[PDB]
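Record below includes boceprevir (bound form).
Each chain gets a letter, A, B and so on, in the order its sequence line appears, and its residues count up from 1. Every heavy atom of this structure was used, including side-chain atoms; hydrogens, water molecules and symmetry mates were not. Header says: X-ray crystallography, 2.1 Å. One-based numbering, in listed order, for ligands and for the atoms of each.
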There are 2 protein chains.
Amino acid sequence: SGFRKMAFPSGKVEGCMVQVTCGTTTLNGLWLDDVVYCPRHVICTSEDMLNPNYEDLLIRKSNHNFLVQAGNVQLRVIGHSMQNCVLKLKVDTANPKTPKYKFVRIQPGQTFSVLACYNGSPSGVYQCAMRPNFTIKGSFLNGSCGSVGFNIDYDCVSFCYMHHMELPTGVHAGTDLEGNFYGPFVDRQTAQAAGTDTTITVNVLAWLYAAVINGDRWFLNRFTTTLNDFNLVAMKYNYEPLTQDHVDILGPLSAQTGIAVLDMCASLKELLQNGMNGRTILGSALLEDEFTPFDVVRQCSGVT
Amino acid sequence: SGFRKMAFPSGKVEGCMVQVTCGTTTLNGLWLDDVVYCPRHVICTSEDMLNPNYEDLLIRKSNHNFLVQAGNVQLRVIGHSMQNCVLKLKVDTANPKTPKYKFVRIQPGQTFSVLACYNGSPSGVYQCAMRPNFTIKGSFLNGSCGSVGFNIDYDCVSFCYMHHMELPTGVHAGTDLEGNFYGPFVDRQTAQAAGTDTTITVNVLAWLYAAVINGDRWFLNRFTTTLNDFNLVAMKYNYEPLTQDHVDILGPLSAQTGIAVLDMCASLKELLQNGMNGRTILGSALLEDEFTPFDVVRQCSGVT
Ligand SMILES: *[C@](O)(C(N)=O)[C@H](CC1CCC1)NC(=O)[C@@H]1[C@@H]2[C@H](CN1C(=O)[C@@H](NC(=O)NC(C)(C)C)C(C)(C)C)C2(C)C
Ligand SMILES: *[C@](O)(C(N)=O)[C@H](CC1CCC1)NC(=O)[C@@H]1[C@@H]2[C@H](CN1C(=O)[C@@H](NC(=O)NC(C)(C)C)C(C)(C)C)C2(C)C
């Protein structure tokens with residue numbers, strides 16, 4: 001029993017983290033086969049970051065300007081390109097610890113593990129959700145850039161996030177491993193707005209199922225509701241509208257609890273309308289939306 | 001910026017996890033040098049667990065009754081003993097992936113990372129606190145027994161916890177790596193009470209410092225207080241009494257925020273007396289006590 005925010009075990013990603021240095025900027029790189037991936041703003045001075053022309057800045061740089069270090073071992077750069085907002089540094093040495101891997105662009109509301117790194121050394125691992133507004137609420141200090149988000153499928157690491165920048169709330173924006181930002185952000189230090197951020201309704205339901213499975217049932221009331229009716233309560237409380245895809249995704253949890261999704265929506269409506277009256281659900285005094293149905297099924301039926 | 005419950009990177013511990021099988025019971029073992037450590041109740045049938053005589057039960061067992069598997073590799077057992085509530089299985093093969101390690105007994109209020117494992121395969125990693133009543137609030141399904149808690153100091157893994165049992169709230173009890181339970185618990189399926197559990201006051205203060213460092217300051221009020229005066233508010237709210245050791249431990253955070261500990265206590269008193277009035281601190285609608293000052297300094301000044 002018990003329900004915690006759990007990250008994937010990070011070992012397979014630890015073996016891929018390197019330090020990348022150009023001028024005095026140091027950040028983290030991801031070393032897979034004979035290619036090191038990092039944020040392209042590694043080539044910028046503090047001044048450059050205000051309005052950088054990355055093509056012109058990159059042109060001043062040659063292979064030998066890029067100090068790539070794996071532990072206490074210097075890799076030799078034999079090629080450099082920019083793909084969108086990532087630098088790819090081609091090295092002579094394939095990473096002998098390269099796991100089976102893929103690059104995936106994750107969808108809003110999906111979760112991933114972050115291996116927060118400094119100077120190419122892993123400090124810590126935690127679980128994050130891609131918010132509907134394509135930010136994450138991470139823990140990222142100066143040095144953390146190029147730290148990566150991932151999922152593990154069997155023995156296969158799916159890399160989905162590289163850390164680039166912090167936005168004015170203490171929220172985080174970054175790219176996929178092809179260097180495409182999640183959201184409207186650009187890698188320039190100028191005014192930029194994250195959208196209004198909605199609650200991942202299907203995640204909150206999954207978490208209420210998690211609460212039921214773990215014996216927290218108090219919020220389970222006498223009522224039911226309709227897709228139309230709940231989705232009207234959702235709109236008012238800045239929750240994302242629930243679809244039949246969502247109802248279908250909740251099937252395994254529904255079937256494990258013998259609680260119809262629409263009953264669970266009725267409980268949710270009453271929590272949104274009445275609040276929680278000083279009580280807790282899985283030790284939280286708030287509705288939690290950073291667990292996918294997948295994460296709940298994984299944790300509550302224990303897959304490796 | 002940002003503040004999250006972060007676990008140590010788990011790679012060094014992943015390489016130590018094995019599967020241990022006796023009769024039809026399977027759980028996790030920790031393989032260090034030529035010794036595999038697991039919970040001794042691996043030798044029990046469901047019936048045995050009610051009132052086991054571990055000495056007599058162990059006597060029915062020989063080296064060959066113990067199926068130790070590292071991935072798809074069977075280790076050969078050349079010795080077995082019981083130390084307190086752990087079995088030590090001596091194997092022919094030293095773990096080639098043995099990290100630099102120590103066994104430590106942690107104190108109440110200290111944190112550690114759990115690598116939750118099933119059939120000797122790591123599923124996930126999360127951060128836990130040894131509660132004042134020597135339980136933990138983990139995520140542990142059938143199969144999780146022998147999963148371990150640890151800290152990483154430099155390159156040195158300090159193992160501090162092995163998972164043994166679940167108590168009636170969905171709370172967890174286990175041993176150090178010498179097989180001594182934390183708390184009054186025994187490895188028998190019979191009525192057992194965890195003490196009343198107090199709040200780790202020094203941890204809550206560390207977390208309020210974390211909140212200030214990250215710009216959440218609203219709870220910072222005009223008042224101050226005394227050690228005696230706050231500790232009287234603490235007693236009433238089931239908080240552990242704050243000592244000068246605690247004030248001294250909060251020094252680095254005090255000095256980083258230029259906020260006197262006793263002012264921060266005054267804010268805490270008002271939160272305990274008035275509650276939070278529907279507001280949040282670092283995205284929590286509750287006072288968080290599972291971060292040590294150490295964890296706050298680590299995260300908020302980024303050590304690897
Ligand atoms: C990483 O590059 C790193 N070296 O680790 C770094 C992390 C942050 C945490 C403080 C430094 N990211 C940046 O430096 C990033 C690079 C410049 C400016 N960056 C920012 O993150 C800035 N954010 C920002 O200007 N946000 C908007 C665009 C105004 C909303 C900081 C003000 C936090 C430095 C670029 C290219 C975006
Ligand atoms: C591990 O052994 C394992 N195989 O992974 C297991 C984990 C729990 C989660 C369901 C099984 N632990 C036990 O089986 C443990 C072994 C027996 C009974 N155990 C319990 O955890 C029981 N708790 C319990 O009886 N608690 C008290 C003592 C009544 C407060 C369960 C009821 C949860 C099975 C022993 C030796 C304690």
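Here, the main chain in contact with boceprevir (bound form, ligand 1) is recorded in the PDB entry as Main Protease. Taking 4.0 Å as the heavy-atom limit, the other chains contacting boceprevir (bound form, ligand 1) are A. Measured on heavy atoms with a 4.0 Å cut-off, the binding site of boceprevir (bound form, ligand 1) is A:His41, A:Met49, A:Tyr54, A:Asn142, A:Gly143, A:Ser144, A:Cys145, A:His164, A:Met165, A:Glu166, A:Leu167, A:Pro168, A:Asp187, A:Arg188, A:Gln189, A:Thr190, A:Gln192. Considering both main-chain and side-chain atoms, A:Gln192 never comes within under 3.5 Å of boceprevir (bound form, ligand 1) through any nitrogen or oxygen pair.
Of all the atoms in boceprevir (bound form, ligand 1), the ones that sit under 4.0 Å from a non-hydrogen atom of A:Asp187 are 36 (C).
Within boceprevir (bound form, ligand 1), the atoms closer than 4.0 Å to a non-hydrogen atom of A:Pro168 are 30 (C), numbered from 1 in the order shown. Taking every non-hydrogen atom of A:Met49 and a distance limit under 4.0 Å, the qualifying atoms of boceprevir (bound form, ligand 1) come out as 17 (C), 36 (C). In this structure, atom 30 (C) of boceprevir (bound form, ligand 1) is in close contact with the protein, since a protein heavy atom lies within 4.0 Å of it. Considering backbone and side-chain N/O of A:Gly143, one or more are found under 3.5 Å from N/O of boceprevir (bound form, ligand 1).
Among the UniProt active-site residues of chain A, the one closest to boceprevir (bound form, ligand 1) by heavy-atom distance, rounded to 1 Å, is A:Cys145, 2 Å.
As deposited, the model links boceprevir (bound form, ligand 1) by a covalent bond to A:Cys145 SG. In this structure, atom 13 (C) of boceprevir (bound form, ligand 1) has protein heavy atoms in its sub-4.0 angstrom surroundings.
Of the protein's heavy atoms, none falls inside 4.0 Å of atom 34 (C) of boceprevir (bound form, ligand 1).
Counting per UniProt domain, chain A has the most residues touching boceprevir (bound form, ligand 1) in Peptidase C30. The atoms of boceprevir (bound form, ligand 1) that sit less than 4.0 Å from any heavy atom of A:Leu167 are 30 (C).
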